[PDB]
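Here's the structure, in structure tokens; my notes come after.
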Amino acid sequence: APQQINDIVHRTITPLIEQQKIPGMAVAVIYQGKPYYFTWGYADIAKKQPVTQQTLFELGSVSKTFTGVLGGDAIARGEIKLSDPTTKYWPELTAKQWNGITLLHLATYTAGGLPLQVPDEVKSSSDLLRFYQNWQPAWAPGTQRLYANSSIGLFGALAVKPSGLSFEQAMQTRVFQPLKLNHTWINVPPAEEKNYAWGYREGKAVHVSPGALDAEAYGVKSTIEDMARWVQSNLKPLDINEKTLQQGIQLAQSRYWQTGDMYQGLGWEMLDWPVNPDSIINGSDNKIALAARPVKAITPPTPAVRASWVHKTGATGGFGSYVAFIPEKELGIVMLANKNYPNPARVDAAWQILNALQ
Ligand SMILES: *C(=O)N1C[C@H](NOS(=O)(=O)O)CC[C@H]1C(=O)NNC(=O)[C@@H]1CCCNC1
Ligand SMILES: [Cl-]
Ligand SMILES: [Zn+2]
């Protein structure tokens, strides 16, 4: 890599690892469209297995970017419209509070207070129906954003219904395979388990547990190489030969709602570039990011703005991830770690690196 990249990465990430006690980490810096890879530490401490460019990390909520793009691809195929009522795809949702809740609302956390998590007690399809049938909104649709796995999770599950494919099969066929993300998995196959890092929480090696709508909201695992290619694909959608996927990427970066200086996409979130770094750093703290906030509709949604900071955080019990990119500058970063450490520390390090390289 260019010396300036090596220098800023060492001076930013090695101290972050020191400060946060991260056992293993992989970083990709995309500079002038090209990824440069860096790794530190161990994927499995007790086995002394190093992190490599083939190590799989849990992406946590970064998974939502795949879900958003898959939904955008379904829009571009004409299979769904964001204005469609939820009940078109799940007519058994007969409870009256669902009148007026659209796929847009589900995708963008604006349905009116769907909860952060689907309850752990939901183990079956009938359990899931009962959960949504009994949920009572705190707000009218399209007025407040409350980040929620139960919201975008349902969006993803319904968005694939016209295809006749399972969520996993749709994701593999329509997103992972065309983009050659051949080491990205909703379910890690047995032959790939050897590359699956352990997450570390309070000294214990952990992997994320199964849960309802996990694949859609927080369940993807990937390598630093595949995540760099994901960033490249989102930086340069016109390089994608499959038109529906090119357009799905663009639709996931359209601006559907605004709160403060942040715009909600499909999975992705965006701010105008140049960004105020304190707003992205501070806004990533879970006390802020997970609070309910009023939104202003953008109608029609703003088509993807090249001069944007586009990003997403994610975590599981044992992992912490962050992706950010700036299309106009062909500049991006992926940070994958096998400890869950605070979001503001991730975002601050990412901005120090990208700011140094602009
Ligand atoms: C995504 O990783 N999230 C959603 C939310 N934080 O948003 S973000 O990561 O800061 O962007 C809460 C934490 C995290 C998440 O929900 N991960 N999955 C889990 O926490 C649980 C594991 C087991 C029980 N249900 C989900
Ligand atoms: Cl130094
Ligand atoms: Zn040093």
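Shown for chain A, in order and in the PDB entry numbering: 4-361. In each ligand, atom 1 is the first atom listed, and ligand 1 is the first ligand listed.
According to the PDB, the drug at ligand 1 is zidebactam (bound form). In this entry, more contacts with zidebactam (bound form) come from one chain than from any other, and UniProt calls that chain Beta-lactamase. Source organism of chain A in the entry: Escherichia coli (strain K12).
Looking at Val121 against zidebactam (bound form), nothing comes within 4.0 Å, counting heavy atoms. Only the side chain of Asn152 comes within contact range of zidebactam (bound form), with a heavy atom under 4.0 Å; no backbone atom does. Of all the listed residues (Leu293, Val211, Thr316), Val211 holds the heavy atom that lies closest to atom 22 (C) of zidebactam (bound form). Of the candidates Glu272, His314, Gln120, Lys315, it is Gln120 that places a heavy atom closest to atom 16 (O) of zidebactam (bound form).
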